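Structure of interest - contains bazedoxifene.
Note on naming: letters A, B, ... go to the chains in the order of the sequence lines (proteins, then strands), and numbering restarts at 1 for each one. Each ligand, and each atom within it, is numbered from 1 in the order the structure gives. Just so it is clear, the values below take in all heavy atoms, side chains as well, and ignore hydrogens, waters and symmetry mates.
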Amino acid sequence: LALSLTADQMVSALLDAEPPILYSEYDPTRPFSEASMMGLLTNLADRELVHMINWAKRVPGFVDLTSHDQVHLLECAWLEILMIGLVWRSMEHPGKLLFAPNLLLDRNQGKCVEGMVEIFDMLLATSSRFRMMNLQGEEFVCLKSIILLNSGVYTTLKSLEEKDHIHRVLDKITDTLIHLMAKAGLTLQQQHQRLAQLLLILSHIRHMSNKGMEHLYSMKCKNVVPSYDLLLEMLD
Amino acid sequence: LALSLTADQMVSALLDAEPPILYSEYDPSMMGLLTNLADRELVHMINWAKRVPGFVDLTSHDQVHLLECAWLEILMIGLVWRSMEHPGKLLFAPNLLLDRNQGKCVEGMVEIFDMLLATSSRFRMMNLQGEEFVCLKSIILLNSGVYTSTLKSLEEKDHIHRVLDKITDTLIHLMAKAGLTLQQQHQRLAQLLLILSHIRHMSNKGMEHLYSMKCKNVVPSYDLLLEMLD
Ligand SMILES: Cc1c(-c2ccc(O)cc2)n(Cc2ccc(OCCN3CCCCCC3)cc2)c2ccc(O)cc12
Ligand SMILES: Cc1c(-c2ccc(O)cc2)n(Cc2ccc(OCCN3CCCCCC3)cc2)c2ccc(O)cc12
């Protein structure tokens, strides 16, 4: 299946696959220490991962890949997905990050953790960028799907078949995005322009994830990347 | 200024801005040759930048910032372009074609090499054209350090996004004249722009790889950049 859908079926399939908004532990001794805050954020991210995989498996064409490739895609994209999710729910809160409804953090508190405020500022500018573009929910949900499939599709006859499949679904998601823009009343020109502006944003988000990884590795954190087994286990 | 140009005038201007292909100063250390080569490519990269439609409409500090963020990506998409027609190899210079096996001589590099070779295959499979390539490089210059507060800064970011809108039209136009449908047009546009994300990934991996060894400084200096822009 997965290539039969209309654009409208694609949006709906993606909208219902959407993960829930999770909460931080309701037990914080606010104000924070650098360790307490990294503890709450880490705990949150760990719980978001399980819903992320479940979401991934409901993304059109994702379960058609081999389990090994599914793991590979998730290995590359997991932090990017976290980040575009974070910036999305932070849109209506300028100068703040909404990790959880009970964990809205301003810029000054990011500076509690060494080097995080640098990572923090990139995230805010991106949220602001989404706000100025008036990014819509269907567009976001599409952009997130693109990140999942694209971040690792740069890695046999089987192997080329899996990649052309991935590129087939991505062209469909591209079709879906254009369709959404057409019914909004944008011209052929505004359609190509807006599509471009959205994808150029993914480039920066890739940069943010890259910086984020170094920051996490810089806090000498315990076991940053999810491991092949944990990803494989959660996928079954 | 540049917001007035047609797609074909945009392409023509960018094709004429293209830097020369430089040579490795070889013999008849490998990091020595590559470092030396990259250093000489930088001056022409700046000359190229100043001739990209709308780059000189910006302030010098803003030009420096863009070049500060994009320089390694530009080097890399340049390398991948001239390596396209040489499978399993990357052409740093006409007298310096290297396989993965020779990249594996230098520590931690074989990973970056594989990423770069992978980009070449992708360009090759897409039949990426010189005109498209030349458009993609300009986008890298303008887009990589745009996300970064006076009224002037706001005008700067609006100009950059207007010029970026222009190259999108330019890219779409090229695809139309090649005979692709409207649907094939936005698909290829998407495919090209999504590749830029990977190049950003390579660029960051590249920096970490460069810091893992020595340099005088890895990032070019603000003054030198401001100096080179003259
Ligand atoms: C973007 C983001 C981060 C993050 C990003 C960059 C940083 O420098 C710091 C935090 N954080 C906090 C954070 C991000 C990543 C973390 O990795 C910790 C370990 N877990 C990864 C999921 C589990 C198996 C692997 C290890 C731990 C905490 C988020 C939490 C929720 C969320 O929606 C978004 C984020
Ligand atoms: C892709 C690529 C590399 C490269 C270097 C290190 C890696 O780990 C992977 C690829 N290199 C070699 C190289 C690239 C960048 C380098 O940066 C450090 C040295 N001088 C760098 C530039 C600003 C002025 C000061 C620093 C040093 C070596 C290329 C050279 C030319 C070229 O067209 C492409 C490349």
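Going by contact count, the macromolecule most engaged with bazedoxifene (ligand 2) is what UniProt calls Estrogen receptor. Every other chain with a heavy atom under 4.0 Å from bazedoxifene (ligand 2) is listed here: B.
Residues with a heavy atom within 4.0 Å of bazedoxifene (ligand 2): B:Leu34, B:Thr35, B:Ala38, B:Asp39, B:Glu41, B:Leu42, B:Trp71, B:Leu75, B:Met76, B:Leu79, B:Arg82, B:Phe92, B:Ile112, B:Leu116, B:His209, B:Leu210, B:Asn217, B:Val218, B:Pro220. Short contacts between bazedoxifene (ligand 2) and B:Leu116, defined as distances under 4.0 Å to a heavy atom of the residue, involve ligand atoms 1 (C). Listed by number with element, the atoms of bazedoxifene (ligand 2) under 4.0 Å from a non-hydrogen atom of B:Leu42 are 23 (C), 24 (C). Where the criterion is an N or O separation shorter than 3.5 Å, residue side chain and backbone included, B:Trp71 fails it with respect to bazedoxifene (ligand 2). Contact atoms of bazedoxifene (ligand 2) toward B:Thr35: 19 (C), 27 (C), 28 (C) (distance under 4.0 Å to a heavy atom of the residue). The B:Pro220 neighbourhood of bazedoxifene (ligand 2) comprises atoms 23 (C), with distances under 4.0 Å to a heavy atom of that residue. This PDB entry assigns chain B to the organism Homo sapiens.
Between bazedoxifene (ligand 2) and the UniProt 17beta-estradiol-binding residues of chain B, heavy-atom distances under 4.0 Å are seen for B:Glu41, B:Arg82, B:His209. Bazedoxifene (ligand 2) is contacted mostly by residues of chain B from UniProt domain NR LBD. Residue-ligand proximity, B:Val218 to bazedoxifene (ligand 2), at heavy-atom distances under 4.0 Å covers atoms 21 (C), 22 (C), 23 (C), 25 (C), 26 (C). Atoms of bazedoxifene (ligand 2) found under 4.0 Å from any heavy atom of B:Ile112 (numbered from 1 in listed order, with element): 8 (O), 9 (C), 10 (C). Remark: bazedoxifene (ligand 2) atoms within the under-4.0 Å shell around heavy atoms of B:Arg82 are 32 (C), 33 (O).
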